[PDB]
Amino acid sequence: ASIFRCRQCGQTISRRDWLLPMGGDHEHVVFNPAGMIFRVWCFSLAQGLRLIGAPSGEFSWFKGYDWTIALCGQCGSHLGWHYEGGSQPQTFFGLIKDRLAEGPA
Ligand SMILES: Nc1cccc2c1C(=O)N([C@H]1CCC(=O)NC1=O)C2=O
Ligand SMILES: [Zn+2]
């Protein structure tokens, strides 16, 4: 249980080693304006995604950061968001825990 894959298809996405304690905890539970609750795990790094469009600050869960939707690059499943434009770090990924599968490298 060291690498994270897309639950829907298997695409390699991230690694346990790349978890990022933002504000002291890698896990942040948040809601969007449609009321959907997400258990977001922050990662300093991820691969295998497709980052869609240009960034937006609207509704951002992380102060100082703008977001882009992050899809699985293989199957299109919405896996989370890429955050940029901030500070320490300038960028990171916020991925929806239950949309990944954990397993051996
Ligand atoms: N405006 C809408 C409308 C529908 C769904 C979402 C947003 C929205 O902003 N986010 C996220 C994007 C990422 C973020 O940081 N905050 C959000 O509320 C959504 O899931
Ligand atoms: Zn996928």
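One is the number of the first residue; the rest follow in order along the sequence. One-based numbering, in listed order, for ligands and for the atoms of each. Per deposition record, X-ray crystallography, 1.5 Å.
Selecting from S-pomalidomide, 1-deoxynojirimycin, D-penicillamine, the compound at ligand 1 turns out to be S-pomalidomide.
Lab note: most contacts to S-pomalidomide (ligand 1) come from the chain the PDB entry lists as cereblon isoform 4. At a heavy-atom cutoff of 4.0 Å, S-pomalidomide (ligand 1) is contacted by the side chain of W67 but not by its backbone. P33 CD, 3.6 Å is the protein heavy atom nearest to atom 7 (C) of S-pomalidomide (ligand 1). Residue contacts with S-pomalidomide (ligand 1) for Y83 involve side-chain atoms from C-beta outward but no N, CA, C or O (heavy atoms, distance under 4.0 Å).
From the protein, the heavy atom lying nearest to atom 16 (N) of S-pomalidomide (ligand 1) is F59 O, 2.9 Å. Within a 4.0 Å radius of atom 11 (C) of S-pomalidomide (ligand 1), the protein contributes at least one heavy atom. Looking only at heavy atoms of the protein, atom 17 (C) of S-pomalidomide (ligand 1) is closest to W61 CZ2, 3.3 Å.
Close approach of S-pomalidomide (ligand 1) to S60 (heavy-atom distance below 4.0 Å) involves ligand atoms 15 (O). Not a single heavy atom of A34 sits less than 4.0 Å from an atom of S-pomalidomide (ligand 1). The single protein non-hydrogen atom nearest to atom 20 (O) of S-pomalidomide (ligand 1) is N32 ND2, 3.0 Å, given as residue, atom name and distance. Heavy atoms within 4.0 Å of S-pomalidomide (ligand 1) belong to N32, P33, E58, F59, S60, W61, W67, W81, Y83.
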